[PDB]
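Each sequence line gets a chain letter, starting at A and going down the list. In chain A, numbers come from the PDB entry; the residues present are 36-748, in order. Here the PDB entry sets the residue numbers for chain B, with the shown residues being 36-748 in order. Below, each value reflects all heavy atoms present in this structure, side chains not excepted, and no hydrogens, waters or symmetry copies. Order of appearance sets the numbers: ligands from 1, and atoms from 1 within every ligand.
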2 protein chains.
Amino acid sequence: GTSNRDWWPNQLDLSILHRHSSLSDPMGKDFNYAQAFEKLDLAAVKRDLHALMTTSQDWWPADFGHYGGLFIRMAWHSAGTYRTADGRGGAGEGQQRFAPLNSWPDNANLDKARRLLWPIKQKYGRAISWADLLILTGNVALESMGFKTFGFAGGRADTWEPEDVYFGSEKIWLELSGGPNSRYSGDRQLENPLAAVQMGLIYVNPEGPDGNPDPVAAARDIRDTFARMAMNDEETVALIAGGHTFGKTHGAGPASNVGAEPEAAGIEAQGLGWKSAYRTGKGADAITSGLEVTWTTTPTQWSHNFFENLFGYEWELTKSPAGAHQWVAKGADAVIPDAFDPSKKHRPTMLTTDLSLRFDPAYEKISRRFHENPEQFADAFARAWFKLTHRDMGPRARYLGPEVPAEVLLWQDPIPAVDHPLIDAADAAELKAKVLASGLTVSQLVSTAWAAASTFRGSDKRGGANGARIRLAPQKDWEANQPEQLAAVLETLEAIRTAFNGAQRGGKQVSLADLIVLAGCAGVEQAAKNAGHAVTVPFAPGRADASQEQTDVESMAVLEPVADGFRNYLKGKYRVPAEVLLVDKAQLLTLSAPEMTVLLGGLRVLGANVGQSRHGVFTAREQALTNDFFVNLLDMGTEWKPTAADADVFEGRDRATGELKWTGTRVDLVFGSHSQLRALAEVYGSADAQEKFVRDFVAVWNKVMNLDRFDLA
Amino acid sequence: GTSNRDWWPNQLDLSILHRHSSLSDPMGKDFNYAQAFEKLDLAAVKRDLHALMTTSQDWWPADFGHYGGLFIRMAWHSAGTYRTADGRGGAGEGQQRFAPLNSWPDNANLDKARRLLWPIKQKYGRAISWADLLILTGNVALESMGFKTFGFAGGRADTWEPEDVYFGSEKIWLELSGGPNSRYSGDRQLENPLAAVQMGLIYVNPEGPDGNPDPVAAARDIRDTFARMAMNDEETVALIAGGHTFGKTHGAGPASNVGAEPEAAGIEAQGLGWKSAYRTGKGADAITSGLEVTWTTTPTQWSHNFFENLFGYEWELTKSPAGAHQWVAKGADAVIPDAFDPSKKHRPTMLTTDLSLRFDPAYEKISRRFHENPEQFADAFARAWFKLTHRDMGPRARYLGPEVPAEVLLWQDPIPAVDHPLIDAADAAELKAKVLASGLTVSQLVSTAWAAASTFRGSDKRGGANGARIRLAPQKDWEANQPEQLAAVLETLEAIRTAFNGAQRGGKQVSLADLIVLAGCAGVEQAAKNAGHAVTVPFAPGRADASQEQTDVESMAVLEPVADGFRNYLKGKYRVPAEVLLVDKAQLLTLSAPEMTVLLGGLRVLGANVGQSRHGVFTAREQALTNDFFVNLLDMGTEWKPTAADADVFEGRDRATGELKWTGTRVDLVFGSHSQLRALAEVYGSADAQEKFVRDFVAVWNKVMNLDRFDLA
Ligand code: HEM
Ligand code: HEM
Ligand SMILES: NNC(=O)c1ccncc1
Ligand SMILES: NNC(=O)c1ccncc1
Ligand SMILES: [Cl-]
Ligand SMILES: [Cl-]
Ligand code: NA
Ligand code: NA
């Protein structure tokens, strides 16, 4: 059956904005996962999970009698899809149970691990999500095997369909670099936003870069990919050595014995895959990665044996029974237990990427420290594991249940608690009047609040106006934020703030974070008034101001907008067309297509463009909130053509006279081109739509202003 | 960007069940189109449209100074995608303005026609849909040129995204038959559910079958395709001759002058396409089909000159300036006006498919009658035009506005007016008790009501339990309806009805259509009781009983279920997997994936399977409403394998012992295989879900029972 995607493969795809509708969700519209989880007996779940660890099922027998290693890998993979570039991936949506992740080569036999968990899921039902359960199971596996974890938070609501996530353009699983859809260019530069070296891997190739078993070169790919997943050198060494303290790999026979991945398997396989024709196809005979490495002398107990082995032997390159490159310890005795046969033992073995931890000079120093100081290793691993598994959960207000760590961590972008009375409706009116009397313009107020609030992305729930981090490094210096204009607005607002706070009694004060947002609302109210509409914009106080020292400048760098179609901004020239980047941004902001449409048309006429560009400013009454953008965009009296100078900029000329009327960008004109977008523009460009436009614009403005307000949830 | 669709191109696609979410709709949740339309000044819209007919725009100059012909083609194409096999296509959702239809070859330059309508759309806004406006514009064109139409109904609400519609498997536009994805097999048998001869055509090729200019052969394709669009010979001749009384075709130069269709054009084209490099690219120079035919001496006035020409000349095969086969009148005077030059005239011309109306024997007799009696021609065309343009609108209760024809037409599947008091809640409870006391079983009651209600399809809003047509030919003898069991149930219900109606005073009575639905509700309530749960199933009275004489038996044939996964029924062996046919049925029933999942699991345990098959009956308490289907489906203690006898039937055996527990079909086991469906099954198979299951089942049951109840809208 030929589809629109087949006919017009490069056309813009809006269906990513209409994922996660109430249609696909089996839970009622009023279902609140947090409330369900708060009533969960978490301690009872943990007991059940502890019992599961050593209750082997014959259809996938437990290595060494203990599933712990398998479940730690499961949880690590759930979390390890995360990318700092867009915040997409991670454990926070339980997407491991959907395509494509349920069927990635690197997730082979984690279908078994998830199926082991079904009885527990079934028992507790809606009170624990799959997303929470995968991580909790990893925690309990660690605990069972003698490692005390740093904490756990619930609150990852299940999702009910696959995410639309760009994982790369290769058409072959595991394709090596330099092919027709290569994710590498230049001096092994990995394309943004990707964080894995090959399609279907979590981070790197365990044999080495493109399969070449050079631990030094592997270490470069590790560093790069783990950095792109928010981990530094210390964290990376702690995690890899920590993980590989447990369990084993599986490569008992050739990989050609392994059949279809879950999404390709027969209906009778009931959601499982990689069925193996090698011997019993499981347990002693299992084939997962194709490697056959067991790292420690006690694979089901926390130990200090990973680094004893790493440093205590010299390593010889060898092959697994499936033909994969791996390393074996020169001259060693057979001291590593077999997973199934008590009369067999093995020599110590390592992956190429384990050897990275010794033969990369920077990792070597960390590895030695952790070798000599195992309590530092233990602490670093506990902290990194918590971080890995909670990275995408958002503000601490979202963390549920009785094991949430009290320690506030820098990577959480923390926001101070509010310790004083908030401003009320009268105070808000008074502050808005002051803001409008200062001389700040509609354009300045709307631009500044948009800049502050629109850093939020729902993928990892980072960013937003809470914290007033727009006044700090690096946000205050971002080109899109118009640093010089921004400094002047913040100075005026700081003065208004100081004078209001000065005049209060009791504890009462207003944060700059709130006043930024409030002042934007005032700008919108004023724009509406300029257009003859009497409008109040909703405002919710309670934001607090974070310090510079509470704001990791390096980690904040990934939130910088290099494309923001809502401000007609593009920082450079990219391969992806700007209207694809607009829809991507709308998705991160949680906007539907109608919300995207209304927001953009409003912001254009309010003066939110970077540099006060005229592109898409299709009105003769700028800073008045009207539907002019739509009425003028859709006017057939104007003809559009790309410019000689720049084929990404378009001139709109009167059809009859040739006179230039407007200019616009791809982002502006797509609303008059794309057949679904133009249908939405038509609604808002109709003669009956002025009040609808205004009211819908106010609603989406407010929604953006509140995106990070999990304190009000 | 590689997607799930690319990795697993044969997996089941559920997103068709989640179109038309509130997310993609720009209108508020309370928007009621009917209410907006009922306040439209229709007469003022018509005056505006009348003026538009003769107000030429220089970007697409009007042929002969009148756009009427263009708009009649536009409306005919809006309606002419319709297929009786599934009720998909037609004008009723305004889908011409979205992909792929906005860009089909046969819809070339109707982008111009829709753009001409923007000013009027913009003026009246939400009070007239695009879907209504396309048809109304066709009507006003006809009216303006002297043709009295039969009527017009409003009520087609706009839609906001493209439908998912199978239009064929060819990967090349207009591909001639016999390709690798040929829609023809055997002796030119067109595959169901298609109703056109080539990909991107409305019905047939105007040059002749696969381009071969033989009017006799062409007539075979005309008859076939028009029959698949619900039109008999008389209707077909009336429509084609009627339409081709007006306007002209466009083929002024070679077709290689024509550029990209709208979905492939540059952003600057602002939603238009087929930009032509031939001379001015428009007006006298236009290229649309590549044919250059003008049928009558008065293309802007209703006449009987199509038939005067068709019969009054002999016809010679010739070529247009674009190279297309067409016909010219031998030895004729130049009597046909030119569209732009008043000093030029032309000989009469015809399409191959116009000559079909003379050289097919059966068409010839109709065409002669219409030639000799143009008043019969006018009436037949008006009736056929109404039918064409309203075929997919559903029950007459949906028809809005002041021009709805009073005459009731057989093709409308009419339902008699109710002229008496309805039963109340006490009466309903009394009837449910009587039904349960008769000895009719849960299985019988549920199966009968399902059979009655589940003929509804939202594609053309035909079918449903209103009418009690299940008691008439042909429904009463459809194999899926279990004719012998059905007859016994209907007899018992008719006796209950007669006794209830006999005992009433004051005109109150219950229709059999209502009692069938009510009896099913009693079944579901009793099943719940059997499971230990007291529930009330909602029930709305007001259905009426249609007669055999009010039921077109041939037209009812397309509503026969040949696949109904909800009753585990497949009438034969098909190329399309049964789970794909399930999802197709769910879509026609307007179900989401969760609704589909709940409905199916309940029906299996209530005994709704045709022939009392045990397939998928995963319970030991049949005729109790429980979630046993899900709990048992998802039990990892059961292993599934296809049978030796039949690869589409599966045995579930205990994993440990090999004991046979269950059997199932692909439709049953897909819920344990497909990763999105299994996630939904999990929810309903959890230990906290019995009350949720019952409540959601009751809700979707009620929704199905009410699908055709536009009398309650
Ligand atoms: C350079 C990064 C890494 C590479 C290349 C890597 C590679 C692998 C491979 C190939 C396997 C064998 C899969 C199989 O055949 O069953 C494995 C197993 C495992 N990895 Fe890693 N890993 C990495 C990082 C991590 C991290 C960060 C953790 C956890 C903190 C972790 C924990 C595990 C565990 C527990 C197992 C054993 C699974 C079992 O016992 O069944 N790994 N790893
Ligand atoms: C066998 C069925 C039919 C065939 C093959 C057919 C074919 C065509 C073609 C090839 C054109 C020229 C397109 C262009 O170059 O602009 C055309 C024009 C037209 N057709 Fe048909 N047609 C059919 C049925 C109908 C029906 C059922 C109607 C209306 C009741 C209709 C009304 C028209 C009108 C009004 C035009 C003139 C468009 C203009 O003036 O711009 N046709 N037809
Ligand atoms: N790919 N997933 C996202 O981009 C996303 C998910 C949830 N809220 C916002 C964005
Ligand atoms: N293609 N679209 C349909 O089949 C349909 C549309 C609306 N309700 C039910 C079915
Ligand atoms: Cl994601
Ligand atoms: Cl459709
Ligand atoms: Na994420
Ligand atoms: Na339809």
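- Notes: drug at ligand 3 recorded as isoniazid.
- Lab note: most contacts to isoniazid (ligand 3) come from the chain the PDB entry lists as Catalase-peroxidase.
- With heavy atoms closer than 4.0 Å, the chains neighbouring isoniazid (ligand 3) read A.
- Defined by non-hydrogen atoms within 4.0 Å, the binding site of isoniazid (ligand 3) is A:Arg123, A:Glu128, A:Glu198, A:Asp199, A:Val200, A:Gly493, A:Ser494, A:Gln622, A:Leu623, A:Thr625.
- Heavy-atom contacts of A:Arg123 reach the following atoms of isoniazid (ligand 3): 1 (N), 3 (C), 4 (O) (cutoff under 4.0 Å).
- Residue list (UniProt heme b-binding, chain A, heavy atom under 4.0 Å from isoniazid (ligand 3)): empty.
- Within less than 4.0 Å of isoniazid (ligand 3), the structure shows other ligands or ions, namely ligand 5 (chloride ion).
- Set against the non-hydrogen atoms of A:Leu623, the atoms of isoniazid (ligand 3) under 4.0 Å away are 4 (O).
- Looking only at heavy atoms of the protein, atom 4 (O) of isoniazid (ligand 3) is closest to A:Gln622 NE2, 1.9 Å.
- Checked by distance only, isoniazid (ligand 3) and A:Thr625 stay at 3.5 Å or farther apart across all their nitrogen or oxygen atoms.
- Under a 4.0 Å criterion applied to the non-hydrogen atoms of A:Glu128, isoniazid (ligand 3) contributes the atoms 6 (C), 7 (C).
- Atoms of isoniazid (ligand 3) found under 4.0 Å from any heavy atom of A:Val200 (numbered from 1 in listed order, with element): 1 (N).
- Less than 4.0 angstrom separates some heavy atom of A:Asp199 from each of these atoms of isoniazid (ligand 3): 1 (N).
- Protein heavy atom nearest atom 7 (C) of isoniazid (ligand 3), with residue, atom name and distance: A:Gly493 O, 3.5 Å.
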